[PDB]
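Presented below is an entry in which one can find rocuronium.
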Amino acid sequence: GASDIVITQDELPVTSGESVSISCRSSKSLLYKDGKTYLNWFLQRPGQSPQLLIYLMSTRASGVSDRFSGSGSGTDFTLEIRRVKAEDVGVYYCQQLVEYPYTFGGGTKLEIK
Amino acid sequence: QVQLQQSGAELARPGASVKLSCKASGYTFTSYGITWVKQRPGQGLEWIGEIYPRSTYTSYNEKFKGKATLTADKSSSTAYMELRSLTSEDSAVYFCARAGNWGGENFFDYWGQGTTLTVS
Ligand SMILES: C=CC[N+]1([C@H]2C[C@H]3[C@@H]4CC[C@H]5C[C@H](O)[C@@H](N6CCOCC6)C[C@]5(C)[C@H]4CC[C@]3(C)[C@H]2OC(C)=O)CCCC1
């Protein structure tokens, strides 16, 4: 769609126990009039469904390790992954829910060395 | 325990239709919605649409209007997605997930395990 919000992600093999940050930019602000910023982060491990890591830009989902943290401005976003483990391997996606259609970034692969 | 259980993988012929299901349990089905996501082999995620069985509200990505039809059966807590006029571009894993309410909670918090569709 010509008017859809476009989300771009950066590209990163990560050494186990080190750290990476993944960044995500949106073509429009994801801060809504209610004061919330509708940006999600997901991890899709190989052969698994995507897992919600962060929602509302900075709220960690239930069950998610505190190794993951989300921050951002409304147009630029970062997922910090501390002490990277084998279970972190997969593709990370950010997604906006501020406007229809909902749209995803193209994904950032993480592989372990 | 919230669970979304999807129907088994399918092989389909070009030009056919298929109907994928997503059975919800462990919560009040009609208090939330169901949303569907496509992943083509080796590729990213795409949002298809959402359905809220209580109000019947739907929203679709224009890309999938008239490819995908979303329905829901409140009597069995099951959401369905029918895909018509199949082509090789429709080969993907299709996921269902929960959709939430105003305030942004419960959006994509639980997912089905995905249904692989292969169009021959
Ligand atoms: C914050 C703004 C972002 N948007 C809104 C849009 C909001 C929806 C508008 C339409 C509503 C119809 C439905 O009948 C409602 N009932 C279901 C049964 O129970 C009582 C409520 C909830 C409903 C689906 C809303 C839920 C929250 C919705 C997705 C909001 O999105 C989020 C992520 O919160 C705006 C456009 C894109 C999404």
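Letters A, B, ... mirror the listed sequences (proteins, then strands); counts begin at 1. Counting convention: from 1, in listed order, for ligands and their atoms alike. Because only heavy atoms are used, hydrogens play no part in the values below, and waters and symmetry mates are left out as well, while side chains stay in. Heads up, header says this was done by X-ray crystallography, 1.2 Å.
To find every copy of rocuronium, look at ligand 1.
Counting heavy-atom pairs under 4.5 Å, the chain with the largest count for rocuronium (ligand 1) is, by its name in the PDB entry, scFv-IP11.
Other chains in heavy-atom range of rocuronium (ligand 1) (under 4.0 Å): A, B.
Neighbouring residues of rocuronium (ligand 1) under 4.0 Å (non-hydrogen atoms) are A:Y32, A:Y38, A:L97, A:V98, A:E99, A:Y100, A:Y102, B:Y52, B:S55, B:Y57, B:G100, B:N101, B:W102, B:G104, B:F107. Protein heavy atom in closest approach to atom 38 (C) of rocuronium (ligand 1): A:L97 O, 3.5 Å. Among protein heavy atoms, the minimum distance from atom 20 (C) of rocuronium (ligand 1) is reached at B:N101 ND2, 3.7 Å. For rocuronium (ligand 1), the polar-atom distance check finds an N/O of B:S55 within less than 3.5 Å of one of the ligand's N/O atoms. The name recorded in the entry for chain A is scFv-IP11. According to the PDB, the organism given as the origin of chain B is Mus musculus. Closest to atom 5 (C) of rocuronium (ligand 1) among all protein heavy atoms lies B:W102 CZ3, 3.8 Å.
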